Enquirer: 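Structure uploaded - oxamniquine bound to Sulfotransferase.
Going by the PDB entry, the residues shown for chain A are 21-266, listed in order. For ligands, and for the atoms within them, numbers begin at 1 and follow the listed sequence.
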Amino acid sequence: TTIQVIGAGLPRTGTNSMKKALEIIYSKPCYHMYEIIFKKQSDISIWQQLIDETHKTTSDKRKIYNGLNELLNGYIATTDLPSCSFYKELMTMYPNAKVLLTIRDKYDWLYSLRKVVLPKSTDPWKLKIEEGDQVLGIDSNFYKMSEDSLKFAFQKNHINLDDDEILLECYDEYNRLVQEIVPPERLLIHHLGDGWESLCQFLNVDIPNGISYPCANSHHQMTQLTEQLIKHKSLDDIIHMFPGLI
Ligand SMILES: Nc1ncnc2c1ncn2[C@@H]1O[C@H](COP(=O)(O)O)[C@@H](OP(=O)(O)O)[C@H]1O
Ligand SMILES: CC(C)NC[C@H]1CCc2cc(CO)c([N+](=O)[O-])cc2N1
């Protein structure tokens, strides 16, 4: 198994649905942030060392390639952070892998990000996310790795993440840079709601007969998940309420 598709889209642009869509097409697993959170939290420290390596004055690219290969062993595709921040490196390791850029309205994206991924430091909901994540075993190590991977994607060392305006422009610039960096034939821009048609054509497969395009991971469902984790203090006791998520 080798990487066939590199998902460059940022969190909250439909990466989980694209993960599930690629798993349907290929019948093999696709990486995602939820693979880390719910299945392999030991990957956190690996991603952290890879991101740190990029910050050095002289970066060892083969250390980065080796780490990515270990992390993605057994996977047919990647989506979401932290992997999307390494799309240039994954394109080079896998020159025949195609690139998908999931994209959506920038203002819908910011709202979704503030609800699930990156609340402002002054938002009291931030404390609820953290309390729910604690039930899952997620701690400060994860938040540092995830934040560092977002900053790496945005190619900034210092960033005021509480500034909505700076996030909007980093979002536009990132999506613009992907389309500049990736050769046109090697890239599909998949807008939210685009469904099977353009994706299957791009990947040279047929549209899955009788299987609807996934619609997973809404901020409404994530808000409920956080609340049920806080209430019941157990993922196992609540997962029956969240089918088709993890
Ligand atoms: N098939 C689909 N059609 C429309 N929106 C979708 C979708 N699949 C996922 N989404 C939206 O994409 C966002 C999740 O993206 P990601 O998996 O990268 O975190 C959610 O947005 P909202 O938070 O606005 O509901 C979710 O509703
Ligand atoms: C899945 C839910 C329950 N856990 C919340 C996670 C959700 C995943 C997540 C992702 C990032 C970056 O992609 C950051 N971040 O910007 O530090 C935080 C988080 N928090």
Enquirer: State which chains or ligands correspond to oxamniquine.
Expert: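 It's found at ligand 2.
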Enquirer: Hey, which residues are hanging around oxamniquine within 4.0 Å, heavy atoms only?
Expert: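 The heavy-atom contacts are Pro31, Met53, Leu101, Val136, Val137, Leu138, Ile149, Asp153, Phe162, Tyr163, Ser166, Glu167.
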Enquirer: Any idea which atoms of oxamniquine are less than 4.0 Å away from a heavy-atom of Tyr163?
Expert: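 Answer for oxamniquine: 17 (O).
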Enquirer: May I ask you to identify the nearest protein heavy atom to atom 17 (O) of oxamniquine, giving residue, atom name and distance to one decimal place in Å?
Expert: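 Of every protein heavy atom, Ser166 OG, 2.6 Å lies nearest to atom 17 (O) of oxamniquine.
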Enquirer: Specify the protein heavy atom at minimum distance from atom 18 (C) of oxamniquine: its residue, its atom name, and the distance to 0.1 Å.
Expert: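 The closest one turns out to be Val137 O, 3.3 Å.
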Enquirer: So, anything else - ligands, ions - within less than 4.0 Å of oxamniquine?
Expert: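 There are none.
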Enquirer: Against heavy atoms of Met53, which atoms of oxamniquine measure under 4.0 Å?
Expert: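 Listed by number with element: 10 (C), 13 (O).
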Enquirer: Give me the nearest non-hydrogen protein atom to atom 20 (N) of oxamniquine as residue plus atom name, then the distance to 0.1 Å.
Expert: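 Going by distance alone, atom 20 (N) of oxamniquine is nearest to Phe162 CE2, 3.8 Å.
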Enquirer: Of the protein's non-hydrogen atoms, which lies at the shortest distance from atom 7 (C) of oxamniquine, and what is that distance?
Expert: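 The closest heavy atom on the protein side is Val136 O, 4.1 Å.
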Enquirer: Which oxamniquine atoms are under 4.0 Å away from a heavy-atom of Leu138?
Expert: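 Reading through oxamniquine atom by atom, the close ones are 16 (O).
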Enquirer: Backbone or side chain, does any N or O of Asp100 fall under 3.5 Å from an N or O of oxamniquine?
Expert: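 No.
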Enquirer: Starting from atom 3 (C) of oxamniquine, what is the nearest protein heavy atom, named by residue and atom, and what distance separates them?
Expert: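 Of every protein heavy atom, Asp153 OD1, 3.3 Å lies nearest to atom 3 (C) of oxamniquine.
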Enquirer: Quick one: what's the source organism for chain A in the PDB entry?
Expert: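 Per the PDB entry, it is Schistosoma haematobium.
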